[PDB]
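Since the structure comes first, as structure tokens, the remarks are kept for the end.
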Amino acid sequence: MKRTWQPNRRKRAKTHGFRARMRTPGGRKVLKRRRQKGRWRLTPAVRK
Amino acid sequence: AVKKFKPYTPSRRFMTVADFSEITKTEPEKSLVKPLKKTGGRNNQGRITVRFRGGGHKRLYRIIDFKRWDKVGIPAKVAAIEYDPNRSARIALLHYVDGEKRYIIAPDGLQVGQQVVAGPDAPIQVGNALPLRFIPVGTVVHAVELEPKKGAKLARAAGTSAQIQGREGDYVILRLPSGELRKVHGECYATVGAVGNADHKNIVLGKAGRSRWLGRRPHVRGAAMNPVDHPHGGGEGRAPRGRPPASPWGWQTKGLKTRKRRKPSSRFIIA
RNA sequence: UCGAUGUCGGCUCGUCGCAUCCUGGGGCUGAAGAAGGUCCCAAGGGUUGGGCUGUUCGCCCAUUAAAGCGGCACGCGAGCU
RNA sequence: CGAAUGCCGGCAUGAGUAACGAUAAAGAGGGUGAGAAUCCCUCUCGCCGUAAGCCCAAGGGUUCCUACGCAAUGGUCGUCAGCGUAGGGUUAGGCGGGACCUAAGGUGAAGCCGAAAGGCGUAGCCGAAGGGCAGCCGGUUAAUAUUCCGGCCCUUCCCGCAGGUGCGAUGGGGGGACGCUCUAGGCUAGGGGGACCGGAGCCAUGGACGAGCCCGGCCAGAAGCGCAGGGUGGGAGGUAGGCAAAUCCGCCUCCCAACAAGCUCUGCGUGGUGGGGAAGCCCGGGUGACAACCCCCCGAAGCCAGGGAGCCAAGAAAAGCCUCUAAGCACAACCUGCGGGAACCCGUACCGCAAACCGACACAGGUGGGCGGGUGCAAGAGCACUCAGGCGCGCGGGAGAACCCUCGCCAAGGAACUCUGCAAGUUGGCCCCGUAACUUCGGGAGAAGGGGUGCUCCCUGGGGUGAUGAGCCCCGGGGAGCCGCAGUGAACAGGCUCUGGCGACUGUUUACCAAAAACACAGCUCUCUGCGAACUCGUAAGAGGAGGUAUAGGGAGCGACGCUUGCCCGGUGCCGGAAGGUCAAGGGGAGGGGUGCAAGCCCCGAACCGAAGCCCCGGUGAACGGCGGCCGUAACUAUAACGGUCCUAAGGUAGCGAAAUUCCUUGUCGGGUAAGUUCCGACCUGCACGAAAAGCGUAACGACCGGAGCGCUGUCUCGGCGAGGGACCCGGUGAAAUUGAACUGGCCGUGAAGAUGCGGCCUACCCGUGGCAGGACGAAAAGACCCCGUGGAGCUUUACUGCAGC
RNA sequence: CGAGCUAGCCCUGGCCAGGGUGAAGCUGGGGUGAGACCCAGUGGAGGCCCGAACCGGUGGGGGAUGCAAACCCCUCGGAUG
RNA sequence: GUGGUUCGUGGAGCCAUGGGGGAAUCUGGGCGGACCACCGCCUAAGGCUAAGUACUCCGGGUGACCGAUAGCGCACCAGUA
RNA sequence: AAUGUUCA
RNA sequence: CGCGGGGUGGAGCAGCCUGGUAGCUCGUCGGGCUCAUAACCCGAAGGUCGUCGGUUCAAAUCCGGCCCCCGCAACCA
RNA sequence: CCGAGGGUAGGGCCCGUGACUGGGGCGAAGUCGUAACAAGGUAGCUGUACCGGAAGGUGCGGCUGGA
RNA sequence: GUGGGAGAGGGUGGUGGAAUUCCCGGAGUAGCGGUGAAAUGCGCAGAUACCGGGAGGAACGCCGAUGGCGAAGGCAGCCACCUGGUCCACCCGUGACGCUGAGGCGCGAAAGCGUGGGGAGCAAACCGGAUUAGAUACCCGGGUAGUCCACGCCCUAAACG
Ligand SMILES: NC[C@@H]1O[C@H](O[C@H]2[C@@H](O)[C@H](O[C@@H]3[C@@H](O)[C@H](N)C[C@H](N)[C@H]3O[C@H]3O[C@H](CO)[C@@H](O)[C@H](O)[C@H]3N)O[C@@H]2CO)[C@H](N)[C@@H](O)[C@@H]1O
Ligand SMILES: [Mg+2]
Ligand SMILES: [Mg+2]
Ligand SMILES: [Mg+2]
Ligand SMILES: [Mg+2]
Ligand SMILES: [Mg+2]
Ligand SMILES: [Mg+2]
Ligand SMILES: [Mg+2]
Ligand SMILES: [Mg+2]
Ligand SMILES: [Mg+2]
Ligand SMILES: [Mg+2]
Ligand SMILES: [Mg+2]
Ligand SMILES: [Mg+2]
Ligand SMILES: [Mg+2]
Ligand SMILES: [Mg+2]
Ligand SMILES: [Mg+2]
Ligand SMILES: [Mg+2]
Ligand SMILES: [Mg+2]
Ligand SMILES: [Mg+2]
Ligand SMILES: [Mg+2]
Ligand SMILES: [Mg+2]
Ligand SMILES: [Mg+2]
Ligand SMILES: [Mg+2]
Ligand SMILES: [Mg+2]
Ligand SMILES: [Mg+2]
Ligand SMILES: [Mg+2]
Ligand SMILES: [Mg+2]
Ligand SMILES: [Mg+2]
Ligand SMILES: [Mg+2]
Ligand SMILES: [Mg+2]
Ligand SMILES: [Mg+2]
Ligand SMILES: [Mg+2]
Ligand SMILES: [Mg+2]
Ligand SMILES: [Mg+2]
Ligand SMILES: [Mg+2]
Ligand SMILES: [Mg+2]
Ligand SMILES: [Mg+2]
Ligand SMILES: [Mg+2]
Ligand SMILES: [Mg+2]
Ligand SMILES: [Mg+2]
Ligand SMILES: [Mg+2]
Ligand SMILES: [Mg+2]
Ligand SMILES: [Mg+2]
Ligand SMILES: [Mg+2]
Ligand SMILES: [Mg+2]
Ligand SMILES: [Mg+2]
Ligand SMILES: [Mg+2]
Ligand SMILES: [Mg+2]
Ligand SMILES: [Mg+2]
Ligand SMILES: [Mg+2]
Ligand SMILES: [Mg+2]
Ligand SMILES: [Mg+2]
Ligand SMILES: [Mg+2]
Ligand SMILES: [Mg+2]
Ligand SMILES: [Mg+2]
Ligand SMILES: [Mg+2]
Ligand SMILES: [Mg+2]
Ligand SMILES: [Mg+2]
Ligand SMILES: [Mg+2]
Ligand SMILES: [Mg+2]
Ligand SMILES: [Mg+2]
Ligand SMILES: [Mg+2]
Ligand SMILES: [Mg+2]
Ligand SMILES: [Mg+2]
Ligand SMILES: [Mg+2]
Ligand SMILES: [Mg+2]
Ligand SMILES: [Mg+2]
Ligand SMILES: [Mg+2]
Ligand SMILES: [Mg+2]
Ligand SMILES: [Mg+2]
Ligand SMILES: [Mg+2]
Ligand SMILES: [Mg+2]
Ligand SMILES: [Mg+2]
Ligand SMILES: [Mg+2]
Ligand SMILES: [Mg+2]
Ligand SMILES: [Mg+2]
Ligand SMILES: [Mg+2]
Ligand SMILES: [Mg+2]
Ligand SMILES: [Mg+2]
Ligand SMILES: [Mg+2]
Ligand SMILES: [Mg+2]
Ligand SMILES: [Mg+2]
Ligand SMILES: [Mg+2]
Ligand SMILES: [Mg+2]
Ligand SMILES: [Mg+2]
Ligand SMILES: [Mg+2]
Ligand SMILES: [Mg+2]
Ligand SMILES: [Mg+2]
Ligand SMILES: [Mg+2]
Ligand SMILES: [Mg+2]
Ligand SMILES: [Mg+2]
Ligand SMILES: [Mg+2]
Ligand SMILES: [Mg+2]
Ligand SMILES: [Mg+2]
Ligand SMILES: [Mg+2]
Ligand SMILES: [Mg+2]
Ligand SMILES: [Mg+2]
Ligand SMILES: [Mg+2]
Ligand SMILES: [Mg+2]
Ligand SMILES: [Mg+2]
Ligand SMILES: [Mg+2]
Ligand SMILES: [Mg+2]
Ligand SMILES: [Mg+2]
Ligand SMILES: [Mg+2]
Ligand SMILES: [Mg+2]
Ligand SMILES: [Mg+2]
Ligand SMILES: [Mg+2]
């Protein structure tokens, strides 16, 4: 039956995007924490 | 009159609708910078702040003239009497001799063809606006202004009206639709006559939907909810409030006066 | 027995106890006969179909030689409902 | 370290067991190869066919094509593959996006607010399956194509040039521009026939050389040309409006003219011409060919489109586009021609109802748009069969036990089954007869109960298209006649009625145990709210309410409609009371105290004046709410209209009543039944109905709950036979919970009170397989209930204490 | 950190085979002093009816280390709101 | 009103503040724990100022520190799969 | 300021 | 079995709590008005205060053992 | 073909009966009050509306068969 | 037909003042009110009484009659408009056209009912205070529907001469 994950490229970008993460101070902290832990992908890698 | 229907389907053996003859001679709006895209929306900045609104037929907004001292003395012919989705009252499309067209909340009696004008000089007859000071004590008027130059705000609902009770200083005493006795400045305009389309208070919605077409979604009762949702909610198997009747926010809802006490607005009221 | 022993009734499958409801013997009788009553020995085998109720239990209807009582975790839910 | 349902890892047990994932289905012959049920080819066979076939979006990212390969992945096999290695492969001025437009919303110069972070927010900017915009028919590749190529037809810009005109905005106006339901006339797509046109061929098996059988009879196409439509009055003067800048709009005024004309703009044929071109037969290609390429009929949901009619709930924006003038500039400049030139960026493979997307899986689940042929059935996208095209579901082979699942049938009976007709049967389409109470006059109605239904031949009426007439289709009407058990001969396809309860009705709900008498609902009443409304969100700014104004908006309860909705303001709440009582700061300082030699400086501090609140006074019930007891009494008895007395704020009215409410209770009568703890009707000592937490009713409605009947049945007496899929056997692959170790029997005792394991006695060769579930206090979950813990949460209030708010 | 599930609302698109019933209007006839009103005919209304797609999830059975952490078969409700 | 301090209203000063009233410039003005009086300390309502002090991403040196279930989560292509 | 047993 | 409420002239209710007094209404009795009855006027009688014990000097009254009475609660499974 | 009848199914009229229920007629001296007839001691009557053990009472209007 | 007359005949719109009640202002003080007598109730929160301003609803004094009008129910301030009947006179017109009226249709006080309005006084029900043996009544103090309008119903009567 109709499952939880229904992939939408634009939605993903607009939601968890780099720019998106940048606007909100909360997001800027995310980018901070991740960059500082060593993640290879700061943001959900998705190509268009 | 109101149109009634045979009982072919229930909910429609009780249903009734307006006599649209009054309108006629025009269904299409006077586009000419008369209607505007009108934004729907039962909430403000996210949260719903008025319950149960939403849905309801698409609607175009007709911009009407609620301050007529713009064209003092410039007379106009009454082009038509159209339908307005945004109100109980019907509007009248009136061409000015000027060439400029405007809309006015159609008073009762007004007819396509008649002439009309606003001003002090203006003759005391249906459709004409003038400062209350220049209106004969006793005459019925609608679309009254509250403070001068601030525009009309009283007696605009279908078939509503205010009557002049007499002057007294720079003010004139009006008995408002509600029935309250307020002193209103003499400079406040007001067009003569009643609001018109008084059969309105009589149309019987009929079915559960239709109340929907009017953008009103279902209103659920307090007791029906749970202790958390409302003060009335709770109690095993049907109960009687159990608290003095109250709103979901908790204030008493039967008889408790609410208007602000120290409001300067008083001093000019009496009813 | 609570780091769990599924609780009523029914259905299905029974088995046992016997303080015996039938059917076998028997002594009294206020036993003439045909009947019955009460006690004695004896379960080998029997111990119906419906109406009402979730009922067990009952109370009815129509029968019967009789339509017995009770134990088996008020037998039986890794058998069903 | 031996235990912590300990942690990590390894390996066991169950066990060669369950299972190998839709019961659409397979067989054989050839190949290939080390090896093939499983790969390739062929021939049979079966399944799908509004698809199980095509095309597009999303998401997926190479899976696409070719050559090699088989460890692992494909639940078996594998030579095969969506798998491994390698190499190819995606071409655009016109398709879709961007160098266009705006929606909700987002952002956000100004501007407002906020301890900071940050919140609103104007212009502007961003934002699209919506608006706007120029590409058709074929042909090619292993793999791309509206992209390359062919033919035909367009779009922008730039230059030169000839010929035109007051040219010219981010400004003005027009326009773009809009609903739902119902529809006319033409068309087109699509489809069906043809005695006509073209064709290789075929006469089988009893017959047929046949007006036979079989195959196929189109696509695109500028200008012009027709045929359908859509748009549209022309004039001439004034003008207080278009934040007047206009000869453009808009307003008045007046010659003419109008179910039109002309002018415009589409659609459709037609068109120079280009293109395609079966079946069959011979190896995707050839041949079929210089293939013919015509005529009727049906005909859209599509086109003409901004067509028309009706209705109430009254149906986006902006740009392009016309037009108007502003500065300006008139050498500019726009406009039309005509040739030359210029024409960027991104996507394009493949999957795409699924083995490539979301579900850990090559998962019987989920996933938006378009096409979706033919015959038959009243119609249809339904059902049955079938084209094209695609499949036979990634373990097989036998055996024909119980038992289970899905399915067919049954003597006689026909609900006796059972909590309950649960389930299954019966009925089923269409045409015609013909239908009751009751009702809100619509309905109840498909009431019920019946008859007809196939094919053959004859006569006969209307229509549409033609042309009036033949063909071709569309509706019919009447006679005779034939055959079967049976004619909607298969598939789709109501069982019916009577009487209660609840809610009026359609509708909503606990995604995954409740679809209901619950919620909602039209409608009734109460109450608040005069607009910077009340109310809601927010510290605020600000916003919703509402570009609304009590015929409006918020809160509450009841819940269509009908007839109605009584008494009690004692307490509680709310509304009203400029008096008094009390009351905090603050004002006021009689009076008193600490110090100084003092002037002083400090402290207390009474009268009295001091809000709201509470007190007090009064109102108020569709406001929280409440709405009695005990004695006696009639000329038989019974009973009590009547009387006494106590208490109250007042003592329950109409109506209903052993009820969704009645404990005693299966109350008592009556009805139904052979029998009725249920049901219906009555009664009324109502444990404990009762009037908007509404009372009593009500036609219609209901996958709601109860009681009866008729019909009909394996539900049952009572079980029997048969079918397919498992189970069983062989070959291939091969799990799981659980598990202290086991060499694991019965009885009567015993024991922590329910023993394979102690005692006694009694049976008992060792080991499996197919079955059944009594025990192993079997498994699974550190019992939900229960109690306990000075454990936790959610909820309430006249619990305490705070805070928001007022 | 989340409204790529679910709930509500906002903007913009799409979709709903085929049957049945036959309201209001109109049109003609009848009626009357004029009306009301009554007939036929046309017309095509409705949180109307049947029933696919589509949206559900009523009863039963199957399933329960599943095909599936809610599925399957029969049955059933809506289907211009 | 509050905050700070050991100071939780306490006899509660001092040092800070939101609100109200509101001076003086050395005969000025604050403090020495209510308040007075003496005695004594100090000069508010402007600003700057090394060093001693804190930490360890980084380089080095040591260790009665670990030795691949340890030691950082990573000794290995780990903030990866 | 209620009332007034029956048949004559 | 539990909680606590009521027992008084003939009727229905007081009085108990802060023991010394039984009070009200009704009726029953006699006497009046009437013609007579009712209403009314006048004036009286009437109570082991459910019962059986010890507290007191004294018990309707304080205390306990029953006896009819009246209510309320009886649950979780 | 018709056809007496027979069956099945739904209607219409009438008679009998029915727990129970509503009011009526009738039966020498039961119970409660006293509405009407004399201002019947609240003029009566009446249609209609609510209420009440009962006759009745009151509202609104009409009557004179009252003043 | 012509020419005159009288009338609260009917409908619609407008309007007048007295009066009752309430609101505001002013003044003023211990009672008011009610009855058979009282009480409930109203009033020291400033009532009654009197003055001034205002809202509002209903009804029409004097004229007024023993009167007029209509078919009946019924109809009373004044204005206008719309309109029904009726009488007199002239002797002109038509030329028996007449009368009644089963059924039908129209009207039809009051009460009552629906939808919306309106609400001063009055006032069923209803609550109080008395009066009474009782008093579900007469009396008194309050009070709702109703009375009032518009529209649609109801169609009865001592609709009586
Ligand atoms: N009278 C017959 C009708 O019914 C009622 O009348 C009935 C009663 O009123 C009347 O009862 C009366 C009673 O009123 C009066 N006060 C006392 C009297 N003893 C009774 O009498 C009654 O009962 C007795 C037996 O006891 C019988 O013998 C006698 O016939 C009978 N009428 O008896 C009548 C029965 O017939 C109406 N009031 C009357 O108007 C009506 O016409
Ligand atoms: Mg935001
Ligand atoms: Mg609701
Ligand atoms: Mg919540
Ligand atoms: Mg709460
Ligand atoms: Mg309850
Ligand atoms: Mg236990
Ligand atoms: Mg255990
Ligand atoms: Mg037994
Ligand atoms: Mg024995
Ligand atoms: Mg079980
Ligand atoms: Mg099991
Ligand atoms: Mg274990
Ligand atoms: Mg392990
Ligand atoms: Mg197997
Ligand atoms: Mg097939
Ligand atoms: Mg893509
Ligand atoms: Mg393999
Ligand atoms: Mg590959
Ligand atoms: Mg560029
Ligand atoms: Mg912002
Ligand atoms: Mg853009
Ligand atoms: Mg677009
Ligand atoms: Mg357009
Ligand atoms: Mg074609
Ligand atoms: Mg042959
Ligand atoms: Mg053809
Ligand atoms: Mg062509
Ligand atoms: Mg034309
Ligand atoms: Mg022109
Ligand atoms: Mg002009
Ligand atoms: Mg200008
Ligand atoms: Mg599709
Ligand atoms: Mg997958
Ligand atoms: Mg994948
Ligand atoms: Mg899963
Ligand atoms: Mg799948
Ligand atoms: Mg099908
Ligand atoms: Mg598969
Ligand atoms: Mg398979
Ligand atoms: Mg049978
Ligand atoms: Mg048979
Ligand atoms: Mg039975
Ligand atoms: Mg049985
Ligand atoms: Mg039963
Ligand atoms: Mg069934
Ligand atoms: Mg069918
Ligand atoms: Mg029915
Ligand atoms: Mg319902
Ligand atoms: Mg349901
Ligand atoms: Mg209602
Ligand atoms: Mg309710
Ligand atoms: Mg009260
Ligand atoms: Mg003080
Ligand atoms: Mg002081
Ligand atoms: Mg006060
Ligand atoms: Mg007696
Ligand atoms: Mg007698
Ligand atoms: Mg009663
Ligand atoms: Mg009973
Ligand atoms: Mg009953
Ligand atoms: Mg019985
Ligand atoms: Mg009530
Ligand atoms: Mg109800
Ligand atoms: Mg239902
Ligand atoms: Mg339903
Ligand atoms: Mg039923
Ligand atoms: Mg069977
Ligand atoms: Mg078999
Ligand atoms: Mg095997
Ligand atoms: Mg033992
Ligand atoms: Mg042993
Ligand atoms: Mg075995
Ligand atoms: Mg088993
Ligand atoms: Mg535990
Ligand atoms: Mg404790
Ligand atoms: Mg969403
Ligand atoms: Mg018609
Ligand atoms: Mg429907
Ligand atoms: Mg269905
Ligand atoms: Mg339907
Ligand atoms: Mg300094
Ligand atoms: Mg070491
Ligand atoms: Mg490690
Ligand atoms: Mg090692
Ligand atoms: Mg007598
Ligand atoms: Mg006698
Ligand atoms: Mg009868
Ligand atoms: Mg009398
Ligand atoms: Mg009298
Ligand atoms: Mg009288
Ligand atoms: Mg009365
Ligand atoms: Mg009278
Ligand atoms: Mg009038
Ligand atoms: Mg005053
Ligand atoms: Mg005055
Ligand atoms: Mg008036
Ligand atoms: Mg006249
Ligand atoms: Mg003459
Ligand atoms: Mg009346
Ligand atoms: Mg009324
Ligand atoms: Mg009064
Ligand atoms: Mg009175
Ligand atoms: Mg009423
Ligand atoms: Mg009037
Ligand atoms: Mg009327
Ligand atoms: Mg009348």
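Reminder, nothing fancy here: chain letters follow the sequence lines and each chain counts from 1. The structure shown is a partial extract from the entry, and contact counts are restricted to the extract. All ligand and atom numbering here is 1-based and tracks the order in the structure. In what follows, every heavy atom counts, from backbone to side chain, and hydrogens, waters and symmetry copies are set aside.
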* Which drug molecule is found at ligand 1 in this structure? -> paromomycin
* From the contacts in this model, which chain binds paromomycin most extensively, according to the PDB entry? -> 16S rRNA
* If a contact means heavy atoms under 4.0 Å apart, which other chains contact paromomycin? -> I
* To do: Return only the organism name the entry records for RNA chain I.
  => Thermus thermophilus
